[PDB]
**Student:** 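Dropping a structure here in structure tokens format, bear with me for questions.
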Amino acid sequence: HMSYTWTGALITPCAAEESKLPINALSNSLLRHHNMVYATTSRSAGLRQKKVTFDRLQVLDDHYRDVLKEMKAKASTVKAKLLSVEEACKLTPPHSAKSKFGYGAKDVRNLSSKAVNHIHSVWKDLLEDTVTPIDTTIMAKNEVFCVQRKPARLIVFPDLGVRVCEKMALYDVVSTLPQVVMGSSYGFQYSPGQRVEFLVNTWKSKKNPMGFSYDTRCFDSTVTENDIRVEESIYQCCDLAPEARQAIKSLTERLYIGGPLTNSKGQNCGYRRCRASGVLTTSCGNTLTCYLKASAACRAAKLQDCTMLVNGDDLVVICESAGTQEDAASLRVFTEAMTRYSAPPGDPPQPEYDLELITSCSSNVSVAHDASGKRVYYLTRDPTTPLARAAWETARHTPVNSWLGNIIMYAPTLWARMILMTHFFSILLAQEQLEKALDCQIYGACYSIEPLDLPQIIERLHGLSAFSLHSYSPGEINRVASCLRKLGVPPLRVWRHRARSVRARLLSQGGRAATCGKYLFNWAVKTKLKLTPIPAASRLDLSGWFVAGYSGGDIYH
Ligand SMILES: CNC(=O)c1c(-c2ccc(F)cc2)oc2cc(N(CCO)S(C)(=O)=O)c(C3CC3)cc12
């Protein structure tokens, strides 16, 4: 019962891959220790293949089937619609990988007849054939990290035509079902501000709160055929159009449960029997499956008043404490239950008695103070990976601008405000590209965003306090400072100095540029302006934003 079988054909690249940090005239203004930053390449895919390849065994008990019955009871209340071809086509990213069959993402988005004709033929075939495995391309991801080296992650995805049909059958399902089935535990529903609020209120809801993060070793590889059938049975509880049901069963049999792996050069690389990383249902399936198993394991471990927070394969549980020694015992029982369900941990879970000491999705809760002095809670992280990618993006144009994503999702943080906003607005001012829309990612979904609209977006995801936070905590300041020394990034005082320059330059352009200077950089100056609610922030249609996650899902807004 192996996650993968392999032929020995290599996972080949699509193009030239750089492993070393590109340097330009801007590089040393951000980061001087360039040998610390690297990009993963297909060269390391061979190592990743070994890591992700193992036997899965599953022992399913009454807690499991009990939780699944409840999950299905809530699933049965969901009505989901089929998307039209044209609705699905406009959800396709502009630089989504082109079809093998003679069209690309822009053909799809323009509703070109060749594209649409092929998509109708793929759909007709899904309705007619519920057995034939669907081909997938396997590729190494190119992502940037700091040293102390990870191997390349693997992306497995079907043809463009198939991807549009997934949207047609399942987009409304994966968008509406997870909140209904999991309620407040479904993490992708929250803005970062709503998410902190939920965590703190949940932490406060307990008499003696304890919490842990539970992170599964190679989650996609732990997902069995049973797990993918159980997900399908949940989707099928929904009130669906008959073609949707058939297409969902076809996509499950032929794509989701498994299939042949082909490289970029067309060679058969092997065969998948676990989760594909680049299908529509990756995030939702993972979130459901992770919730099912973890809720069941809570019951096996008799944890009092478990609150789950689940996003994909990331899981935090906050529950009632039984004292440190017994909590420790209980976590091992939790871990014992999860492992039996084929979800063992990378690192064993540790109980925590301070909300700020729990880390999941690389992030933790911390505290600062707003204008009035009142404490505000916010999500932050070690800035190392964000900064290493900022350094890469200073010298190379990338299809996803992590700096922009990081400004949006960590806008209230010290390091995003002082370093990322300062640095990238300076570059944008110099190139006169403040109004140029840039592709970025929030919860795995693709967004095209104009840097000038950041103040609006930040106010909506965080509120006006994002522009007013101060008196950050000694622990947080310490981590950032230490990261800046390790990477060879100038100290925070240099950034305050440059921010005043950036601020004045932005004000000197007037308009939306001036708004950016006023709101984003008010922290930089001594005589603080008063920051009132932004007129335009109310106008912005933030629907699609924070209903669900779509990591690997090939979704654009
Ligand atoms: C189950 N885990 C969670 O819900 C998350 C926690 C977390 C929870 C409890 C805790 F004690 C410490 C941290 O922090 C997060 C940050 C992000 N973001 C970053 C995505 O990498 S963000 C800052 O955009 O909100 C996300 C995004 C993926 C939805 C999810 C979580």
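Throughout, numbering of the chain's residues begins at 1 and tracks the sequence. We count ligands from 1, going down the list as the structure has it; atoms in each ligand are counted the same way. Determination method: X-ray crystallography, 2.2 Å.
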**Student:** What would UniProt call the macromolecule that lies against ligand 1 with the most contacts here?
**Tutor:**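 The chain with more contacts than any other is RNA-directed RNA polymerase.
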**Student:** Which drug name is given for ligand 1 in the PDB records?
**Tutor:**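 The drug there is HCV-796.
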**Student:** Can you list the atoms of HCV-796 (ligand 1) that are under 4.0 Å from a heavy atom of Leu355?
**Tutor:**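 Once the distances to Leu355 are compared, the set is 11 (F).
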**Student:** Which HCV-796 (ligand 1) atoms does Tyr443 reach within 4.0 Å, using its non-hydrogen atoms?
**Tutor:** 24 (O), 25 (O), 27 (C), 29 (C)
**Student:** If the cut-off is 4.0 Å to any non-hydrogen atom of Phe188, which atoms of HCV-796 (ligand 1) fall inside it?
**Tutor:** 28 (C), 29 (C)
**Student:** Which UniProt Mg(2+) binders of chain A are under 4.0 Å from HCV-796 (ligand 1) in heavy-atom terms?
**Tutor:** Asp314
**Student:** Counting both backbone and side chain atoms, is some N or O of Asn364 under 3.5 Å from an N or O of HCV-796 (ligand 1)?
**Tutor:** no
**Student:** May I ask you to check if HCV-796 (ligand 1) and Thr359 share an N or O to N or O distance below 3.5 Å?
**Tutor:** no
**Student:** If you count the atoms of HCV-796 (ligand 1) from 1 in the order shown, which ones are under 4.0 Å from a heavy atom of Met409?
**Tutor:**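 Numbered from 1, HCV-796 (ligand 1) contributes 23 (C), 24 (O).
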**Student:** Please state which option from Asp215, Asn311, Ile358 has its nearest heavy atom closest to atom 1 (C) of HCV-796 (ligand 1).
**Tutor:** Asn311
**Student:** Any idea what organism the entry names for chain A?
**Tutor:**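 By the entry, the source is Hepatitis C virus.
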**Student:** Can you walk me through which residues contact HCV-796 (ligand 1) using 4.0 Å for heavy atoms?
**Tutor:** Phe188, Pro192, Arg195, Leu199, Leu309, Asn311, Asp314, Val316, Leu355, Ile358, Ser360, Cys361, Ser363, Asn364, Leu379, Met409, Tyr410, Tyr443
